[PDB]
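Depicted below, colchicine in association with Tubulin beta chain.
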Amino acid sequence: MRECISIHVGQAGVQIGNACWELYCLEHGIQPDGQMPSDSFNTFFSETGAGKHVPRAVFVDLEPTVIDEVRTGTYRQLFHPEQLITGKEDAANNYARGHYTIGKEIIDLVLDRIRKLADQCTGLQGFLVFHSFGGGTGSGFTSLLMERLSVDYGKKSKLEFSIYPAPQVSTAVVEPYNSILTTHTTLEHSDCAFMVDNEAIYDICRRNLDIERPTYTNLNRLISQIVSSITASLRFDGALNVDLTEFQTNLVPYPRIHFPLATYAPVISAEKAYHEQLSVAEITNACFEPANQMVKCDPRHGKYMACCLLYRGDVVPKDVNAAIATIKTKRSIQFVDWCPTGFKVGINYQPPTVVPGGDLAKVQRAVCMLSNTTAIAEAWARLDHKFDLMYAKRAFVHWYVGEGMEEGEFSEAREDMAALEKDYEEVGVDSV
Amino acid sequence: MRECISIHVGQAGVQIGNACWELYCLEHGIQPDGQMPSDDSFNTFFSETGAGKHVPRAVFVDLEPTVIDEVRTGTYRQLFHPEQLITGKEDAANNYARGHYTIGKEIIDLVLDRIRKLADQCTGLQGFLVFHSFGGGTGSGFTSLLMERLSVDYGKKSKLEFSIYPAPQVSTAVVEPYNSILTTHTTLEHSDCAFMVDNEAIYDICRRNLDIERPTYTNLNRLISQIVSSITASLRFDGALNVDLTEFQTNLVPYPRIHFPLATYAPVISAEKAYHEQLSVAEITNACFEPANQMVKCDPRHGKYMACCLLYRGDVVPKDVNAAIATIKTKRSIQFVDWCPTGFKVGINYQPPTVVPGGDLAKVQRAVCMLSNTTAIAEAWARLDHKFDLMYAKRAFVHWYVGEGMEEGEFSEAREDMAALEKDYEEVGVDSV
Amino acid sequence: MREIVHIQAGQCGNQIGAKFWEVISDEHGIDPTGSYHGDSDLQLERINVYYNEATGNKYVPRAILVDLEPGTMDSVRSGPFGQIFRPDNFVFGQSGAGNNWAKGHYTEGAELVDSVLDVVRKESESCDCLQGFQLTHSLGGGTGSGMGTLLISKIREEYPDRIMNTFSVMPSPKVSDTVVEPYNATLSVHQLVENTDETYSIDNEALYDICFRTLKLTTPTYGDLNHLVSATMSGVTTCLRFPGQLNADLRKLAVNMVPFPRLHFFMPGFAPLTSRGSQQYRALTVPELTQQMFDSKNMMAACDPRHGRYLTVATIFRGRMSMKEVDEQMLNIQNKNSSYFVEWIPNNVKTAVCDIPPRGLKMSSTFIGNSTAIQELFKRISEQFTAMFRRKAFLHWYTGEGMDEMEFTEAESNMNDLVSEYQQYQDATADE
Amino acid sequence: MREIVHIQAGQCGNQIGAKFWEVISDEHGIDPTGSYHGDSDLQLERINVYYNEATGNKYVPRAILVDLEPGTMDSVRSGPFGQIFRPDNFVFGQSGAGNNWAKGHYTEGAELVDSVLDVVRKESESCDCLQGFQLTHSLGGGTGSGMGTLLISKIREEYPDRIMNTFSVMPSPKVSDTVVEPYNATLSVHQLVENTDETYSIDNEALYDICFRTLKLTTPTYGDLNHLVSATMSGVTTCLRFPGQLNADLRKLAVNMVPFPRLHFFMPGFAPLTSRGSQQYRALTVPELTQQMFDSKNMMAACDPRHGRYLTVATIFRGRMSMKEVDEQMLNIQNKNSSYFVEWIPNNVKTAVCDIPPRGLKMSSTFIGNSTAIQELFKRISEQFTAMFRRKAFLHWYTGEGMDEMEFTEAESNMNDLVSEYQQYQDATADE
Amino acid sequence: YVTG
Amino acid sequence: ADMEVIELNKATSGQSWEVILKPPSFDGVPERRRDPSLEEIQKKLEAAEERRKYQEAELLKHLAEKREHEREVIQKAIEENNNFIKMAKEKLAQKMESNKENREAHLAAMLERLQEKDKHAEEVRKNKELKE
Ligand SMILES: Nc1nc2c(ncn2[C@@H]2O[C@H](COP(=O)(O)OP(=O)(O)OP(=O)(O)O)[C@@H](O)[C@H]2O)c(=O)[nH]1
Ligand SMILES: Nc1nc2c(ncn2[C@@H]2O[C@H](COP(=O)(O)OP(=O)(O)OP(=O)(O)O)[C@@H](O)[C@H]2O)c(=O)[nH]1
Ligand SMILES: COc1cc2c(c(OC)c1OC)-c1ccc(OC)c(=O)cc1[C@@H](NC(C)=O)CC2
Ligand SMILES: COc1cc2c(c(OC)c1OC)-c1ccc(OC)c(=O)cc1[C@@H](NC(C)=O)CC2
Ligand SMILES: Nc1nc2c(ncn2[C@@H]2O[C@H](COP(=O)(O)OP(=O)(O)O)[C@@H](O)[C@H]2O)c(=O)[nH]1
Ligand SMILES: Nc1nc2c(ncn2[C@@H]2O[C@H](COP(=O)(O)OP(=O)(O)O)[C@@H](O)[C@H]2O)c(=O)[nH]1
Ligand SMILES: [Mg+2]
Ligand SMILES: [Mg+2]
């Protein structure tokens, strides 16, 4: 029954996973032990003869610390021991270590557990892979996993939730290398991928949630909401609700051009004066405000090739259509000459739920704008520049070569990135 | 016995058949169950059974069951034997090729088998009276198939037609001009005498004379019925003119192809037209030359006459008729062809024109039906021929016929024959030798 | 030619079809349980055409409900006349078509096709004389478009001698922002040209415009659009369902309406244009009723009849009126605008009258036109198709299902040839 | 990457190492008997890194004490926390090395080497996952310099995949033991370049200058010098011993700190500078603590950081302090002194904060810098080496042990090449 | 466009 | 000029006669087919059946081609998913082996250097030995 398997790799993967599953449990009324009092949630949770709801997920890390916290946490008992896999030593921010050295020692075990989750599926839709671009595991293990999932599951859909590195939110010097290496390797195995710029989340946490020094919990709770909006269509049966796969068809016109920009609104702090309320026109206007984006880029000076709206809560068609209009008269939303305008809208019945001990305010209505813009290529360009700075002097390269990698693999990855940049250029030029 | 077999094909044929057999039953005192109260001549149209039951010498045919199912359940159900009411499952869908080739082939041997059965009950079969429309797929296609076969099985026996001529104001379908020409060509050599009934002409009379602004098929058919009984009164009763089917060809048809007489009827008075005085001979005689009373819309003033019969019914005396001819002759044209004499073959049938009690026609002491052969009839072919040419030029609807096995060449051949018929009606009217 | 087997495929197909059954059952005096309660026996005389006679006083629709998604079956069964349909006739899949024609025509569709054909066989063999088939579907989606056309060709193999009649909804960017719609419609049109005998072109562009411009509904809903469709479907089927001038079936209609094989796409129209809740006073005469049904604003296809010429026209009037007044008003139109009716098809405009009026309306008129102007609808789809195709946009979803670019170029070619054909008879004059 | 094996070699190696254990045991709440007595559980979380868990409530250092002389090891054993060490781990000789590198590397040392390797084997096999090794030694003497480097290469053979980290004290004529020190240091440097992954350059010239010029101690002692070393060792090891920036081990540090294999010599530094036991304690503010990062006077290596450029920087802050205030002060330094940080290594200065302050100090900051300025230290040793070598002075002490002049010329060459390499990246520009 |  | 009553027949319920008003203006002479046969009619009908059933047979021929096309597209989709897997399998094996070989060689090279250093140390001890 149209099931979806979530895979969480590395620290970021696992940590976001914890925020996502906590939030899903809340939205479906599932308790930390897997029980629910007295449907579409079955796509993400399987059942036992005990009435226990077990997430269709596998948590992986080459190191034990992060998952050990899950194994001892509030959500222990929610996951079966077999679905939380750990190694002894991490990839030490080295893509080559996560992909070949350390990676090779745990891959067959991970696949065996994925195969076990897959046998419990009467119509597996696909996979949702959560990982960072920067980490040695997040980069190399994910790439290795995607290559293997392509062999075991052929064309079967694979979506990514990728954490984009930011200086202000704990990066490492070699993260630009791992980002490009993983991007190149995963490019043909990934069907769709949602980047989450850590600087963008950091900025929202400060400029909206009023947290001077945001923690990973703050960052992850915000990401969780955006992930929940994307997955709501799959976890709920709504009347005017458009399925994430329908947005996908509109979002990806060419296999390589599969990186949608995500925007969310309203992001209101729990401490500020609640009385104000919220209108459909206000959130639609905020959907085009760059301060609300998940990736730091400029769509205003760029072209659209899809523009989708995901509503949740108390939203009526009369309001939305008025909101899709007026804003396109005032703002300049340029579309490509081979694409129609018109925003693909999906409205879910279930309002946006919040974690009780969280810093996010409860709202009657919320929106998530997934759009395919040429402007996303700016994020690749920033990463590519940092890679070029270091690679010119072959700085840190020896750590990768020492693990069995070749210098040629670095150039091939960068060549693919240049092709991707040129691909995003060509896609924006008008026809004859 | 000078017995005649009536064949009713398609919806029109069957429906007119119902009106005709109702009127015959009434005129001969036969009840809807086939019982009579007790001049012998009715036996030419009705056979007898061991029970004293009078069964019509007729066969009703349709490629569809609806129309005949109504007869099978109707007032006249205990009148026809089940075997003489034949039906198929699917109709010819206004396609001549379907009625002739596709659907037709599946029922022909069965129809012929039943005609052979009716024919064995005959000690002197005169011939056949075929009732059909020009427009319907069955009316056109099946009738032509039937005529071809009746010519093979019954050689030289006489075959007369009662054909329904299509009219825009009286139903009609876009392809009816095609079916009309196709059937005309195919049947032309297998028919000895054919009476066309222009649906517009019947419609008009039903509007101005019977005062029905919207006439039903029952209204139309009850009027046609009266004209048919006029034509068959001589066969059904001990009459003196048109006493045999061969006599029709002798009194009207001078050349095999020139076999389409114009029929005129009078008086057509409404039952609810108050209770006015009865208008005698010379008044009904003058109405015999009034174009408003014709069965086919054409102009005999433009045309040339080559035969003229007068069928008087009821209380009519020779002294009155001759005086009525004397008055109509003077000042009125009525131009005859050089070779033909100018005049009439007169007939009086002492039987009165009977009317259906629940009908819209007034009962009269005397009536008249004129059967005349005029060149003016070629005008009706010309109207049909023009509509065929309009569509055929662009080969519109042709695929429905070709799809059923017919050839495009069959269309041109039929039209060529129609042009020849038009030119034959021209040639007859010009100076002889 | 007595019994018709109805087939409804996809979301639109089942939605529109459900309403048709609600409407006809009410007119034939059938309650949602399947029992008769009507006044006049004329509602029963031709009931066999759409309804099967079950054991006792139960009349069951000769309908086959098809979808690759369960969603639609669940809603139709809960719907107003959901308990009237035969449970065995619900042939529904689990994994949908993703609004992809290729999935419906080749992948998922081809796996469910035989199950449907088994139900069509069962229904066909319980007919004294099978008249033909009627399909309701959209050309914009994946099941209705793909599987619907696959059903047509497969039925065509088994029943070549039977009439194939469709109610086909054409996509519009005004109502539905699913980008691939022009591909699905172009691939569907090609099939309909080859395999149907008659197609009622229900254009969503025209439906939207009637609701918006005429009915003054700012935000039209599918219900508003479907209300116009049910009116048209009731009106077009009157002659098959009621004794209002007998001995006319699906084949007699095709023979008189279609002069050329490929040119079998009708421009429907209804008068007066009504709203579900608009309480309208007892008025309207035949001269205004005739005037409405010949106007562009009353067309169910977004084509200006004044831009082409009529090959053939069928008009059906309902209610207690004067037949004399009807014919007089019909030629009044013909003689006044003669340049819009082909001279080479004598008496090409046929009228039928039925004493039974629809629900609420004391008198109405449905219009069926075979106009060369329908090329405007095909050109619109062709333009939308090329815009995308010129840049091979979204092609991977189709080639991924095993399709080739050759199939697309071919579909486009046939679409262009159909346009040429319409123009060919638009310029055709019977002067020589 | 969990357990670290510590090795102490020679007089300096055992002296410095003994103080490191005294300091860290106090920081982890361990008494001289080996039992835990601390308050917070955070002292125990990462105890396994440096300590083995013995039978009962005991914690024994994973340390191997090595010398060719019995003296120092006896004094350590009797000294504070000397009883804490495993008696079997004391691998000592009787002959000594006579401050001669050859005796330690070839003669006396090669006879005791296997006995040491047997103890390293035992300790290594009792590790769940061996992180790596840490050696404390001087480059000036004979045991630490010769046998220490011989231990490194022999360990490297057995554990090639393990990280090798050293705390290496550089000689100075200001604080000396023997004239031959420049020979011993040059022969040792060559080995460290080839066989270590990370080396903390503890310069006795810098230690003497801090004690003399800053601490105002006229006649500095090895205790005064070692007090500065223990502070630096405590600080540099913090993230391995306490959680927070955790998922960080010896390899993650090497990967991010070393861009080129040979350039793995770090310039340590501490703030505030303190005298042994003799600290009255005054509040040192975060902006002041960060000010002593560029301070040449705070460097444990006698190099002016302003004479070179930073490849990579790691800064660790200890005590209760505002993390917000830390990053802003760190950023100010980078923007104001941008000409001293390589442009071709984006975000090359990383900061970590730990709530646990060292002994006595309420707030402190340790600095780990990979600066090209370290060539000043190597040039100094190189100049001292040549002065002697040019006149073949004291060479018979080395040739007498079987060595050749070829080995000396080679050691000098590698030392000069290392200098060239530092200069090569000092002058390297991004080409803006 | 949000039809419903 | 006048009217002539030629007179015809008489019967119980009828009477007939001829009225010759004006004589005919003219008196003179004008006032392979080999049809029908059951063979000709049936040859026409059988030729018409042949044409109808051929069209039906050719219509099934086009549909048989459509049925076989759908077969080749389903096969393309499967052949392409099978090859995607095949290529992805060997490209991964190639990479995995290439990375194994490289790392193996790097760790061997660095062990070879350490071994050479061991050889020199044994040579040093022998170099110290000079019995005299
Ligand atoms: N938003 C967010 N980012 C994270 C989180 N954890 C790590 N990151 C980011 O991801 C990168 C760190 O990679 P990690 O996921 O911690 O490393 P890893 O995948 O576990 O692989 P290893 O190198 O073996 O430790 C940096 O850019 C961090 O800012 C998290 O919980 N939330
Ligand atoms: N006068 C009269 N005309 C009729 C009657 N029925 C049909 N017609 C006319 O005949 C034509 C219709 O042909 P039908 O006889 O109904 O068709 P059919 O012979 O049954 O053959 P199919 O196409 O198979 O239905 C039109 O011109 C109708 O106006 C009738 O009862 N009386
Ligand atoms: C286990 O101990 C340490 C380990 C590391 C770092 C470090 O200094 C903060 C340590 O403390 C000494 C570290 C160092 C330098 C970096 O480059 C400047 C870097 O990117 C990244 C780091 C580390 N990452 C972070 C986010 O601090 C990982 C390795
Ligand atoms: C079964 O229902 C219908 C069937 C037909 C017709 C029609 O429209 C009046 C119908 O209602 C839709 C019909 C249509 C159009 C014609 O001309 C284009 C024609 O000549 C002729 C017709 C029909 N005949 C008549 C007399 O209307 C035959 C088929
Ligand atoms: N008029 C109308 N159009 C619809 C309806 N539902 C969907 N559509 C249209 O049909 C197309 C989508 O086809 P759909 O039936 O929903 O997808 P399918 O189930 O894969 O066949 C789009 O052009 C929609 O605008 C409906 O109820 N009424
Ligand atoms: N900082 C420091 N340096 C020392 C200490 N002991 C010796 N040294 C230095 O180390 C060098 C002598 O090495 P040493 O360890 O005493 O000789 P070894 O036992 O043969 O390795 C000289 O440069 C001394 O200045 C000490 O406790 N602290
Ligand atoms: Mg990690
Ligand atoms: Mg009929």
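Every chain is numbered from 1, with letters handed out A, B, ... down the list of sequences. Recorded method for this deposit: X-ray crystallography, 2.7 Å. Atoms considered below: every heavy atom in the structure, side chains included; atoms not considered: hydrogens, waters and symmetry mates. Remember, it's 1-based here, ligands and their atoms both numbered in the order they're listed.
- In this structure, every copy of colchicine sits at ligands 3 and 4.
- With heavy atoms closer than 4.0 Å, the chains neighbouring colchicine (ligand 4) read B, C.
- The structure places no covalent bond from colchicine (ligand 4) onto a chain.
- For chain B, the entry uses the name Tubulin alpha chain.
- Per the entry, the organism of origin for chain C is Ovis aries.
- Counting heavy atoms within 4.0 Å, the binding site of colchicine (ligand 4) comprises B:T172, B:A173, B:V174, C:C239, C:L240, C:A248, C:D249, C:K252, C:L253, C:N256, C:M257, C:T312, C:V313, C:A314, C:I316, C:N348, C:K350, C:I368.
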